[PDB]
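A deposited model with paltusotine.
Chain A is the first sequence line, chain B the second, and so forth, proteins listed ahead of strands; every chain is numbered from 1. Counting convention: from 1, in listed order, for ligands and their atoms alike. Note that these values count all heavy atoms, side chains included, but never hydrogens, waters or copies made by symmetry.
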Amino acid sequence: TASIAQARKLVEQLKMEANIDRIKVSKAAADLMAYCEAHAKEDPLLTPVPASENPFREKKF
Amino acid sequence: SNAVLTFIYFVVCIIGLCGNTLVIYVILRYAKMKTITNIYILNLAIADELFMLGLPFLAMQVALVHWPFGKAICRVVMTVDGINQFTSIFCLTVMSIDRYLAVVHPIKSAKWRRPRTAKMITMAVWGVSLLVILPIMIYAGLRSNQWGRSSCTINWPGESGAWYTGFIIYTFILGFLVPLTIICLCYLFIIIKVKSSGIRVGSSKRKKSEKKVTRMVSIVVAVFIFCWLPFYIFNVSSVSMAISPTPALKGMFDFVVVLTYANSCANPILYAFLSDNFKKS
Amino acid sequence: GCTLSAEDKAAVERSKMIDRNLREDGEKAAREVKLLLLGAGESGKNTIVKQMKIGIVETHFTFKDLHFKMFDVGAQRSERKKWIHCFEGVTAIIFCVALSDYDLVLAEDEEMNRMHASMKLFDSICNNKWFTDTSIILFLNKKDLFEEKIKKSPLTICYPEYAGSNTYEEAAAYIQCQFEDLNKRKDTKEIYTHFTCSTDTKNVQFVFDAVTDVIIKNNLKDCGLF
Amino acid sequence: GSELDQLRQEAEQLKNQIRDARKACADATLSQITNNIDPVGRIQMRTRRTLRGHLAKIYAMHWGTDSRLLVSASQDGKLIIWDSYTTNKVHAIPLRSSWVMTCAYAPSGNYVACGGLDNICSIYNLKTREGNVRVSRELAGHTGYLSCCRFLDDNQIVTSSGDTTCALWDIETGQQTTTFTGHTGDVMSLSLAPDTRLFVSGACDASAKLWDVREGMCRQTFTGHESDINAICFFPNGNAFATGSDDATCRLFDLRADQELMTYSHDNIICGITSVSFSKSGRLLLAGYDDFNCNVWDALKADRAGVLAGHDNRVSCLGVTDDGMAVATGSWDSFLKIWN
Amino acid sequence: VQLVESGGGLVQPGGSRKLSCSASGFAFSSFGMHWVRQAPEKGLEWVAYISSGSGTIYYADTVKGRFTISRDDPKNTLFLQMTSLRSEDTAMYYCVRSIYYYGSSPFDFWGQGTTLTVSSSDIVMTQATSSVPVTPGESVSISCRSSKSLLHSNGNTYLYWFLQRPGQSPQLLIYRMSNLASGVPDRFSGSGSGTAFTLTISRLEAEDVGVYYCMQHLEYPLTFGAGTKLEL
Ligand SMILES: N#Cc1cccc(-c2ccc3ncc(-c4cc(F)cc(F)c4)c(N4CCC(N)CC4)c3c2)c1O
């Protein structure tokens with residue numbers, strides 16, 4: 001009669017997590033792809049940049 | 001026979017070059033000063049590599065005995081051969097002393113030697129090698145022979161009958177006699193320390209560990225003696241009793257020279273390959 | 001190189017001094033002996049302030065010009081797998097046990113025994129993917145309790161397949177053989193066994209001898225003669 | 001007994017309700033929608049900077065806000081601050097306890113945090129009139145070893161511990177203001193949202209819980225793994241996160257829709273993942289392994305766009321700057337590399 | 001933090017003394033030290049500099065080969081030794097504290113200083129204005145110019161602004177002509193481009209009266225600037 005409190009708390013927790021809003025997976029995937037596309041221009045790792053604006057270029061010494 | 005001797009020269013040169021280059025490349029590319037042992041091994045390999053370059057020049061002395069290179073080339077090759085010889089011997093002695101200090105006196109002496117004294121010891125070894133090889137040997141110069149072809153040989157100074165004996169006994173003392181005592185004492189004391197450590201605390205495998213170390217000591221000392229002994233005895237015997245120059249004498253002298261050069265290519269096959277480098281390579 | 005200003009040269013000097021301080025501090029830390037101490041609990045781990053002394057608990061002491069650092073990790077009460085790799089480079093793991101209380105079959109679980117668990121722990125520790133090439137030194141117990149407990153109760157027969165009985169030498173040798181025949185390497189790892197006595201000095205000389213033997217073996221394996 | 005059994009039955013009924021409410025929305029999969037896009041080229045990066053000076057294993061590192069300074073923690077009891085443009089050393093902070101497992105760097109640049117295996121989180125002050133670095137205060141109260149810490153603000157910090165609990169702290173006073181409980185196993189990592197209003201944490205029970213900083217109440221729980229979770233990080237959008245486990249698998253999760261998205265696995269690799277990090281544009285996902293090598297994955301096609309091999313020991317930590325210019329890698333061979 | 005100088009007094013041309021300086025309240029052995037000449041009713045002048053750990057010592061060509069600067073770390077004292085003293089050695093000697101790393105602020109604490117009266121290519125030192133009659137409640141703009149561009153390819157301009165008030169030592173105002181020093185009011189601001197520089201004070205009050213100086217740290221022969229005295 002000691003774990004009843006923990007069981008009731010867990011049941012109350014699992015009874016609350018179901019009262020939330022959801023969306024469709026396709027819409028989320030499309031939004032994620034849209035973000036990746038729209039921020040793809042200025043990613044230095046995706047697009048190699050010339051040595052003029054690179055501060056990490058290896059020098060002679 | 002003579003062509004066979006030249007072919008033996010070439011094959012031992014190729015073997016020494018390939019092995020020493022492989023060891024140096026592996027150490028530099030992978031280890032990068034992991035331990036002072038690798039530092040000493042690199043020091044030994046650098047000296048052994050430079051041996052193999054000199055011998056092809058010695059081939060011209062062996063076959064087609066006439067020397068068209070001149071005086072500068074012969075003096076340079078003699079100087080580099082002597083410097084490399086003495087630095088290799090001194091590196092072997094220093095390695096033996098380092099092992100003895102590491103094992104027998106670990107609590108006290110190993111503390112001081114470990115950090116950076118190795119570079120100073122290397123500089124001192126090279127310096128003493130130069131100081132011992134240059135002032136006495138650079139007297140060499142081309143000497144006319146009864147064959148009629150210029151040959152590379154140490155020039156005889158005045159009162160050479162005693163000077164040559166003094167030179168040979170001095171180089172026998174410094175080159176052969178001193179290193180043997182150091183190596184034997186250090187390795188025997190290492191054996192005694194291992195046995196005492198085994199007996200002091202109950203160890204089941206104490207019998208197994210002792211067996212390998214003695215075998216390695218025997219292999220090292222035996223190969224060193226077998227490579228370096230015939231030359232000095234040949235010299236002292238030829239000086240003691242006069243003997244006429246014969247084709248057999250020249251062939252056996254060549255054999256003695258190649259046998260003495262053999263120690264070089266033997267060194268990295270033994271020291272580096274049989275150590276904890278086996279898993280690394 | 002020469003293109004630096006006056007500020008960057010002083011910055012480089014500062015960095016060089018930091019490097020030299022780091023190197024000289026790290027040189028001294030390489031000549032310390034690290035010991036990892038494990039035990040079943042009340043098996044004698046707390047007996048340190050008397051035997052060798054005049055979160056993770058750490059104690060420092062010296063003996064015959066040698067620095068020691070003992071780490072007590074028995075109070076962590078956490079999953080061992082997630083942090084056991086932090087002691088990959090230690091020297092001479094110490095496994096303190098107390099098996100003189102064998103016939104007293106208790107587990108605090110009503111089903112098991114101290115001896116069996118202790119061997120489970122010993123086998124678990126000794127055969128990790130780490131801790132290979134790491135020697136183990138064993139401390140057994142104070143023998144007087146075993147003396148006075150085997151005479152009155154011939155309960156040693158509770159161990160299956162045992163022939164002798166009520167002989168301290170035979171039982172102690174049998175237990176030592178039982179532990180020393182548990183390691184699965186038997187070729188690259190060594191085990192040292194000792195019996196603790198009331199004397200204060202006798203419990204430190206053994207540790208000093210064991211650690212110096214381990215150091216000598218490591219030097220032999222490192223210098224290529226092995 | 002009977003009450004316990006009926007409570008368990010009610011819990012299983014709620015679990016079934018969650019299971020069959022999640023499954024109604026899983027209409028399509030990401031790969032079949034993303035197949036229209038053109039794959040990224042084979043990314044090849046070179047080593048530009050090699051940082052040396054540590055004498056033991058490297059366990060953690062963190063990038064500064066200016067993306068030029070970084071702090072790294074190692075097991076030799078030292079804490080070094082680097083200048084990544086010239087390889088110079090700015091600071092070296094000795095520690096009271098040698099064993100550390102994590103480190104953090106304040107967003108303003110005034111404080112550095114460290115801790116691990118001693119159940120104490122320490123705070124260091126870098127800008128003093130005295131001319132040295134001194135510890136400001138030590139945080140105590142946890143029971144298990146510390147596994148991660150992140151500076152929420154200049155006066156707040158959130159930590160995760162091996163006692164299965166995460167706690168928020170008030171640096172000025174030194175008392176826990178909020179405690180988060182519910183993980184069955186050990187908590188190993190956490191990551192803060194860009195708005196500092198939510199955070200996640202991965203635990204040894206193969207589950208990750210989305211917490212809430214303000215009210216201190218758990219919101220969502222994600223499953224799908226089969227072993228320990230060792231790394232976690234947010235997508236730059238703030239609506240997704242990727243987890244790395246010890247089953248040689250990386251997975252991507254979505255917050256708005258409670259469903260699995262992607263799996264990053266290959267039959268050629270069967271080793272565990274140590275660190276996970278994202279990129280500035282969110283296109284390529286980086287993950288370090290214990291097979292001595294790193295790997296660069298395309299976040300949209302689950303394909304190896306390249307490799308990153310420069311270490312001879314296990315890779316333990318990863319980091320990407322705020323401007324996306326470079327990436328840093330730390331390993332157990334006591335060497336730090338900067339790749340571009 | 002405190003910095004007290006010792007060894008002053010009155011000297012003769014055939015005389016020699018050993019100045020002293022004691023530092024308390026901070027880590028002395030991790031800082032660079034300077035000496036700055038300041039003649040009565042004249043401007044400032046750099047003299048000498050010793051690095052941290054005694055790794056580097058620089059002098060001025062005007063007193064090269066004539067002064068010796070040493071460091072005493074465990075006892076936290078600094079010394080300057082003089083051999084021969086000309087008539088032009090009368091000044092108001094100061095000890096300056098500076099530390100160099102990425103993002104630091106050198107010349108932050110100027111010390112109290114002491115007095116010593118003696119009985120009777122390089123960058124140019126130039127400023128346009130010499131005095132300005134000002135009334136509180138408005139803005140003041142001060143200009144300083146050099147003969148060479150102070151800008152490096154990395155992007156740092158080494159121009160230092162600081163103020164001296166009567167009866168007390170000078171204190172740092174702006175370092176690297178972009179940043180305000182710690183504890184300095186936000187009323188002050190600095191800017192420039194290449195060779196042209198300016199210093200603007202948004203609001204003026206009775207505590208902002210004194211003499212202003214400009215210094216460059218481009219090369220080790222440190223040259224100060226003229227004074228722009230503001231009178232209430
Ligand atoms: N140290 C020393 C040292 C100690 C004692 C005697 C000598 C000594 C004296 C006279 C020599 N005369 C000719 C040659 C020679 C030259 C060649 F091109 C080819 C060749 F087959 C032989 C020698 N060589 C070169 C140096 C060594 N390899 C040994 C053989 C000579 C060595 C020493 O050099």
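In this structure the chain with most contacts to paltusotine (ligand 1) is the one UniProt names Somatostatin receptor type 2.
Other chains near paltusotine (ligand 1) (heavy atoms under 4.0 Å), by letter: B. With the cut-off at 4.0 Å and only heavy atoms counted, the binding site of paltusotine (ligand 1) comes to B:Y9, B:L58, B:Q61, B:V62, B:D81, B:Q85, B:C152, B:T153, B:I154, B:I168, B:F231, B:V257, B:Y261.
This entry records no covalent bond between paltusotine (ligand 1) and any chain. Restricting to heavy atoms under 4.0 Å from paltusotine (ligand 1), the involved transmembrane segments of chain B, by UniProt's N-terminal count, are 1, 2, 3, 5, 6, 7.
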